[PDB]
**Q** 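Let me give you the structure first, and then I'll get to my questions.
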Amino acid sequence: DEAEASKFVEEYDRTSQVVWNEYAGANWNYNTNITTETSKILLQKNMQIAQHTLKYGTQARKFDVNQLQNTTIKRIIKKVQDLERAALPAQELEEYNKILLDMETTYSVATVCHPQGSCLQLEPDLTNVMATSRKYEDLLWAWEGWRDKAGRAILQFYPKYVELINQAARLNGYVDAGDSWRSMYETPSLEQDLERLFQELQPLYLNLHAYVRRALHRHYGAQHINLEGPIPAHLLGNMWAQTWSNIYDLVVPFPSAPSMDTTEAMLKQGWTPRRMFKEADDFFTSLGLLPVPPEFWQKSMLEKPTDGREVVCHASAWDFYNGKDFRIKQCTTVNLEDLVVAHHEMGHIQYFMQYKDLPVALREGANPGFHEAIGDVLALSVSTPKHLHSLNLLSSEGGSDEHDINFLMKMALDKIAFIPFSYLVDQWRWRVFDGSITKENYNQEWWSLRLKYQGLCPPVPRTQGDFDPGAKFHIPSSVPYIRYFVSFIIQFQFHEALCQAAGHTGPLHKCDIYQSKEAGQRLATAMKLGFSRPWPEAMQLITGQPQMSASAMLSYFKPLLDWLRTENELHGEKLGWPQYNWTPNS
Ligand SMILES: *[C@@H]1O[C@H](CO[C@@H]2O[C@@H](C)[C@@H](O)[C@@H](O)[C@@H]2O)[C@@H](O[C@@H]2O[C@H](CO)[C@@H](O[C@@H]3O[C@H](CO[C@H]4O[C@H](CO)[C@@H](O)[C@H](O)[C@@H]4O[C@@H]4O[C@H](CO)[C@@H](O)[C@H](O)[C@H]4NC(C)=O)[C@@H](O)[C@H](O[C@H]4O[C@H](CO)[C@@H](O)[C@H](O)[C@@H]4O[C@@H]4O[C@H](CO)[C@@H](O)[C@H](O)[C@H]4NC(C)=O)[C@@H]3O)[C@H](O)[C@H]2NC(C)=O)[C@H](O)[C@H]1NC(C)=O
Ligand SMILES: CS(=O)(=O)N[C@@H](CCCCN)C(=O)NC[C@H](CC1(C(=O)N[C@@H](Cc2ccc(O)cc2)C(=O)O)CCCC1)C(=O)O
Ligand SMILES: *[C@@H]1O[C@H](CO)[C@@H](O[C@@H]2O[C@H](CO)[C@@H](O)[C@H](O)[C@H]2NC(C)=O)[C@H](O)[C@H]1NC(C)=O
Ligand SMILES: [Cl-]
Ligand SMILES: [Cl-]
Ligand SMILES: [Zn+2]
């Protein structure tokens with residue numbers, strides 16, 4: 001009966017709101033106050049949500065979706081039929097939860113020590129070294145040490161993790177965990193579509209790579225940089241070489257056109273974490289989008305506590321599944337990078353608020369990439385030299401062609417450099433999950449892809465027992481990553497569309513959509529759909545067409561592509577890494 005299915009969905013919604021809200025609370029209380037007691041309560045709520053998922057998922061599977069007429073009810077019931085880890089038998093579920101906790105803990109407590117010296121945590125100690133050191137051996141100590149202490153220590157857990165997460169996927173009707181993850185996009189052509197996008201960005205990435213490689217050759221010396229080979233992976237300013245903007249000082253196109261030190265400016269002018277989030281809130285409401293509720297300001301953790309609590313510091317945004325309580329947890333630091341992260345996280349909060357009236361089963365983004373993109377779209381406008389000057393964080397940089405190319409290079413060092421990294425992570429994981437990479441070659445296959453996609457090599461030859469993927473957070477925390485590749489493509493599509501809605505003309509990279517109500521209306525209509533419709537509908541609401549496309553990103557960076565090609569040609573660069581077998585001699 002249509003009526004029995006409707007009743008079921010209503011009962012699922014009521015009970016899920018209660019159970020998910022209790023789990024969100026317990027998880028928040030652990031994350032903002034790590035103790036034995038909060039771990040204990042969290043463990044109990046984890047089991048309560050499993051029992052709820054098992055109960056309602058079992059019921060949902062008794063419905064023949066084929067016989068359901070109402071498409072919304074059909075959609076919800078089909079989704080509740082996927083129990084995820086709660087499909088595992090009791091022993092395997094306990095084992096899986098424990099392996100996940102052990103991997104996450106191992107990663108979070110790993111430190112790198114000098115003998116009879118200080119021990120450095122990843123954040124901020126080791127990331128600061130990677131960002132600021134310009135000494136090959138000091139960078140190497142941090143890069144190798146982090147892999148030695150975090151990566152190698154995850155390896156013992158990962159094969160059993162793969163076995164259990166695949167078993168859960170098969171018990172929910174998928175062939176492996178990678179299949180299950182890809183299904184979140186509801187797009188049978190996903191793999192080919194993503195490959196096509198990656199290929200469209202190759203001219204830009206290869207030209208950026210070759211230009212940066214030449215700059216590294218200048219600084220680190222001819223004996224350590226092969227101008228026809230891959231770049232050593234510890235020289236890009238970031239522990240994973242996923243974004244390169246911390247080496248802007250080594251690659252600036254026009255050193256004669258200097259830029260203000262934005263961190264020093266923010267500190268001198270008394271910026272605080274709360275001010276950073278108020279600025280993000282203001283951008284959202286300038287578009288006519290929703291302000292965060294008063295409760296957000298009361299309950300959020302917007303900087304590291306000084307009351308003796310120990311906390312999880314990573315930036316994060318939290319839906320408590322009651323339509324009222326939304327929070328950010330971030331150990332915010334006062335700099336421009338974290339101002340952008342604040343906008344990223346506030347985009348997650350905005351999406352939570354926009355879809356709060358849907359059934360909790362449809363309270364997700366159109367696809368996971370959409371959820372990641374919203375905040376970054378606003379941050380693109382924030383990052384314009386125009387807007388940064390209005391915050392008193394830059395001197396006037398408009399007009400000047402040199403400042404213009406310098407700005408596009410700054411943007412490309414993050415946005416373009418990240419495209420191959422964000423593609424790589426789940427290309428590797430999909431092949432682990434489908435069994436075509438075994439524990440015998442986890443690491444070799446990781447580096448084959450680091451080479452193939454990013455054009456990087458490890459500065460020190462890897463050895464047996466190395467497990468460098470484990471040194472990247474999302475691997476031991478089992479967080480899918482292709483969402484970030486999707487996000488970095490489509491956020492430029494959204495920027496282009498909103499800039500057009502706002503009446504912007506001229507180069508896309510000069511657009512600042514601040515206070516555009518037309519831009520806000522486009523985003524709001526799409527966000528309010530949550531996960532109720534196939535994501536091409538939200539794509540069309542924003543952009544006027546239904547596809548993912550790299551064209552907007554290419555248009556944004558067109559002046560840099562032209563500059564890079566001219567620069568690389570006059571130095572005779574050989575794009576790519578035909579000497580792909582090269583690795584450092586010392
Ligand atoms: C197939 O079934 C689906 C699902 O049906 C729903 O679920 C099943 C299981 C059963 O329970 C059904 O009884 C139930 O309807 C059908 O899809 C639904 O279709 C109805 C149309 O009949 C749509 O009605 C709209 O719903 C919105 C949102 O409603 C939530 O939020 C409201 C605001 O907080 C609140 O009032 C509601 O009670 C509801 O509350 C939330 O409910 C969810 C669970 O669903 C729960 O998780 C949340 O916790 C809970 N939140 C809170 C806070 O309680 C409602 O806002 C709409 O009102 C507008 O539209 C009317 C029609 O146009 C109009 O008369 C109203 O005045 C109002 O109009 C707008 O007003 C503004 C300003 O005044 C104006 O600017 C706008 O232009 C104007 N809109 C206009 C003119 O269009 C309305 O009631 C459901 O949204 C929809 N649900 C989903 C999920 O899609 C589907 O129709 C079925 N298909 C077929 C072919 O039959
Ligand atoms: C805890 S939750 O699950 O309930 N809520 C999720 C978000 C809603 C999911 C909806 N279903 C959440 O808070 N997640 C945390 C995660 C943290 C960040 C993260 O890891 N970023 C990746 C990739 C990246 C992204 C942007 C960028 O510029 C550079 C890199 C990384 O750093 O490698 C670190 C700061 C930027 C995001 C996030 O916000 O997406
Ligand atoms: C951090 O967590 C501990 C453990 O839950 C909290 O301590 C509890 O505090 C309440 C009073 O509010 C007592 O009723 C419990 O008995 C306490 N338990 C223990 C083990 O001490 C503590 O309040 C939390 N701190 C913060 C700042 O939230
Ligand atoms: Cl690595
Ligand atoms: Cl994803
Ligand atoms: Zn995010």
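Index from 1, following the sequence. As the structure lists them, so they are numbered: ligands from 1, and atoms in each ligand from 1. These values consider heavy atoms only, across backbone and side chains, with no hydrogens, waters or symmetry-generated copies. According to its header, this structure was worked out by X-ray crystallography, 1.6 Å.
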**Q** What is the name in UniProt of the chain with the largest share of contacts to ligand 2?
**A** Angiotensin-converting enzyme, soluble form
**Q** So out of piperacillin, pemafibrate, ceritinib, sampatrilat, retapamulin, what's the one at ligand 2?
**A** sampatrilat
**Q** I'd love a list of the residues lining sampatrilat (ligand 2) within 4.0 Å - heavy atoms, by chain and number.
**A** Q242, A315, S316, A317, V341, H344, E345, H348, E364, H371, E372, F418, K472, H474, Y481, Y484, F488
**Q** Hey, does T243 come in under 3.5 Å of sampatrilat (ligand 2), counting only N/O atoms on both sides?
**A** no
**Q** For atom 13 (O) of sampatrilat (ligand 2), is the nearest protein heavy atom under 4.0 Å away?
**A** yes
**Q** Between sampatrilat (ligand 2) and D376, is the shortest N or O to N or O distance under 3.5 Å?
**A** no
**Q** Who's the nearest protein heavy-atom neighbour of atom 3 (O) of sampatrilat (ligand 2), and how far?
**A** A317 O, 4.9 Å
**Q** For sampatrilat (ligand 2) and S316, I'd like to know whether there is a polar contact (N/O to N/O, distance under 3.5 Å).
**A** no
**Q** Within the structure, does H371 bring an N/O atom to less than 3.5 angstrom of an N/O atom in sampatrilat (ligand 2)?
**A** no
**Q** Provide, to 0.1 Å, the distance between atom 24 (C) of sampatrilat (ligand 2) and the closest protein heavy atom, together with that atom's residue and name.
**A** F418 CZ, 3.9 Å
**Q** Mind checking whether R483 has an N or O less than 3.5 Å away from an N or O of sampatrilat (ligand 2)?
**A** no
**Q** Using a strict cut-off of 4.0 Å, what other ligands or ions are found near sampatrilat (ligand 2)?
**A** ligand 6 (zinc ion)
**Q** Just need the protein heavy atom nearest to atom 32 (O) of sampatrilat (ligand 2), so name the residue and atom and give the distance.
**A** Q242 NE2, 3.9 Å
**Q** Looking only at protein heavy atoms, which one is nearest to atom 16 (C) of sampatrilat (ligand 2), and how far off is it?
**A** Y484 OH, 3.7 Å
**Q** So if I look at chain A around sampatrilat (ligand 2), which UniProt domain am I mostly seeing?
**A** Peptidase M2 2
**Q** Short N/O distance, under 3.5 Å, between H474 and sampatrilat (ligand 2)?
**A** yes
**Q** In the protein, what heavy atom is nearest to atom 17 (C) of sampatrilat (ligand 2), and what distance, to one decimal place, separates them?
**A** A315 O, 3.4 Å
**Q** What protein heavy atom is closest to atom 39 (O) of sampatrilat (ligand 2), reported as residue, atom name and distance in Å?
**A** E345 OE2, 2.6 Å
**Q** Got the closest protein heavy atom to atom 29 (C) of sampatrilat (ligand 2), with its distance?
**A** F488 CZ, 4.0 Å
